[PDB]
Asks: 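My questions will all concern the structure given below.
Below, read A as the first sequence line, B as the second, and so on, with proteins coming before strands; counting in each chain starts at 1. This entry, so its header tells us, was determined using X-ray crystallography, 1.9 Å. In each ligand, atom 1 is the first atom listed, and ligand 1 is the first ligand listed.
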Amino acid sequence: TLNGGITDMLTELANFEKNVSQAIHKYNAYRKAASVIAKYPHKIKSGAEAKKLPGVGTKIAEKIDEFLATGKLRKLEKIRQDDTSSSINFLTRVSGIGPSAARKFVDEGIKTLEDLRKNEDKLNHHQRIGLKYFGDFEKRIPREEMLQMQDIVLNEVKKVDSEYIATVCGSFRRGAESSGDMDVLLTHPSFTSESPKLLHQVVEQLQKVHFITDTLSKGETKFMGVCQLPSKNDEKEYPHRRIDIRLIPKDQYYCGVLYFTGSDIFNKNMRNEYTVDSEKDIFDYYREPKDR
DNA sequence: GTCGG
DNA sequence: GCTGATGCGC
DNA sequence: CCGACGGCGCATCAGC
Ligand SMILES: Nc1ccn([C@@H]2CS[C@H](COP(=O)(O)OP(=O)(O)OP(=O)(O)O)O2)c(=O)n1
Ligand SMILES: *P(=O)(O)OC[C@@H]1O[C@H](n2ccc(N)nc2=O)CS1
Ligand SMILES: [Cl-]
Ligand code: NA
Ligand code: NA
Ligand code: NA
Ligand code: NA
Ligand code: NA
Ligand code: NA
């Protein structure tokens with residue numbers, strides 16, 4: 001948190017590059033600079049000090065210098081105040097609204113959530129769901145709720161066919177105290193690298209018990225949607241949550257599990273998601289999810 | 001925007 | 001209607 | 001100096 005001013009500034013610039021400029025490589029450059037500075041154990045005093053870090057070059061060093069002198073960046077102040085650029089950047093916070101859709105909406109005078117609400121006919125299915133749960137989607141999920149969600153998923157999965165194997169992956173599997181979403185990996189002995197309706201049946205059951213509430217996409221191997229825990233008589237509704245379910249062939253299942261458990265950095269220096277009869281087999285060259 | 005061949 | 005391209009999320 | 005900078009499932013578009 002020592003350089004939060006700088007990292008905040010670089011993330012804001014990254015967002016403008018991705019959402020407004022449509023310059024994905026600059027978005028990534030700014031994000032990489034932000035992340036190396038975030039983990040730097042000193043409070044940065046000059047652009048020159050920052051440049052020493054991989055991913056910080058001449059232009060970001062110059063911006064760091066301006067920020068340290070003035071607590072702001074003229075360029076960033078100007079883009080913030082720009083009605084068009086700030087509106088485009090904002091609308092991409094809606095799931096399903098990317099840089100192209102945001103630009104098209106803003107060019108039509110649709111600039112706010114309110115405007116989106118009045119214009120349901122101009123939104124596709126995903127965007128309508130993104131708008132409906134805009135606030136809920138930006139919330140994190142407490143571990144306590146993830147456990148309750150896990151409970152429902154594993155119960156209903158076994159109920160459909162006791163031969164399914166399902167594992168909730170992500171930071172949750174590593175024992176984290178909160179998650180952004182629920183990631184479920186599903187397999188079945190019948191499904192292998194060369195092999196009916198295995199995903200649909202699970203999705204249908206989870207809908208039957210009113211756990212899955214909406215669908216963003218559903219193909220033969222991947223479901224993306226929305227779920228919600230049940231409430232009671234006089235306790236406030238749980239937020240709606242993002243849930244993904246991936247059907248993976250049995251012989252590739254445990255590579256997927258390794259992958260989708262992470263962490264990202266752990267995967268990187270353990271280094272694909274596809275190609276084994278357990279997590280231990282791959283470890284070869286064993287660490288449990290807690291210490292990954 | 002940064003890096004490196 | 002078909003097929004390959006594009007947008008999007010992650 | 002100048003090209004690399006990620007891959008893939010699904011929804012939907014754009015070109016015939
Ligand atoms: N951007 C990323 C993030 C994760 N990973 C890999 C594959 S999924 C595995 C575990 O991801 P985590 O759940 O720790 O990261 P998330 O960003 O989903 O944290 P949550 O907000 O907890 O959900 O790490 C990646 O390759 N690229
Ligand atoms: P989500 O943020 O839940 O991430 C989980 C998995 O990580 C992989 N991933 C994340 C981000 C990006 N940009 N690319 C990517 O492959 C797949 S989903
Ligand atoms: Cl770019
Ligand atoms: Na551009
Ligand atoms: Na550097
Ligand atoms: Na979006
Ligand atoms: Na977004
Ligand atoms: Na996640
Ligand atoms: Na597909």
Asks: I'm curious which chain is the main partner for ligand 1 in this model - what does the PDB entry call it?
Replies: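 Per the PDB entry, the chief partner is DNA polymerase beta.
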Asks: Drug name at ligand 1?
Replies: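 The name is lamivudine triphosphate.
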Asks: Which other chains have a heavy atom within 4.0 Å (strictly less) of lamivudine triphosphate (ligand 1)?
Replies: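 Those with a heavy atom under 4.0 Å: A.
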Asks: Any chance you could list the binding-site residues for lamivudine triphosphate (ligand 1)? Cut-off is 4.0 Å, heavy atoms.
Replies: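 The site of lamivudine triphosphate (ligand 1), heavy atoms only, is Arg140(A), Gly170(A), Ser171(A), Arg174(A), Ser178(A), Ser179(A), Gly180(A), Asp181(A), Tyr259(A), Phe260(A), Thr261(A), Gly262(A), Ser263(A), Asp264(A), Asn267(A).
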Asks: My question is simple, although I want it checked carefully: is atom 12 (P) of lamivudine triphosphate (ligand 1) less than 4.0 angstrom from any protein heavy atom?
Replies: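 Looking at atom 12 (P) of lamivudine triphosphate (ligand 1), one finds that a protein heavy atom does lie closer than 4.0 Å.
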Asks: Which atom of which residue carries a covalent bond to lamivudine triphosphate (ligand 1), or is there none?
Replies: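 The covalent partner is absent; none is modeled.
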Asks: Looking at atom 17 (O) of lamivudine triphosphate (ligand 1), tell me if a protein heavy atom falls under 4.0 Å from it.
Replies: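 Not a single protein heavy atom is under 4.0 Å away.
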Asks: Could you tell me which residues in chain A that UniProt says bind dTTP have heavy atoms under 4.0 Å from lamivudine triphosphate (ligand 1)?
Replies: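 Within heavy-atom range of lamivudine triphosphate (ligand 1), the UniProt set gives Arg140(A), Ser171(A), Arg174(A), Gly180(A), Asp181(A).
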Asks: Starting from atom 27 (N) of lamivudine triphosphate (ligand 1), locate the nearest protein heavy atom and write down its residue, its atom name and how far away it is, to 0.1 Å.
Replies: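 The protein heavy atom lying closest is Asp264(A) OD2, 3.4 Å.
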Asks: N/O to N/O below 3.5 Å, does that happen between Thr261(A) and lamivudine triphosphate (ligand 1)?
Replies: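 The answer is no, given that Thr261(A) and lamivudine triphosphate (ligand 1) share no N or O pair closer than 3.5 Å.
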Asks: Could you tell me which residues in chain A that UniProt says bind Na(+) have heavy atoms under 4.0 Å from lamivudine triphosphate (ligand 1)?
Replies: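 Going by heavy atoms, UniProt's Na(+) binders that qualify: none.
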Asks: Would you check the N or O atoms of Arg140(A), main chain and side chain alike, for any that come under 3.5 Å of an N or O of lamivudine triphosphate (ligand 1)?
Replies: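 N/O-N/O distance under 3.5 Å: yes.
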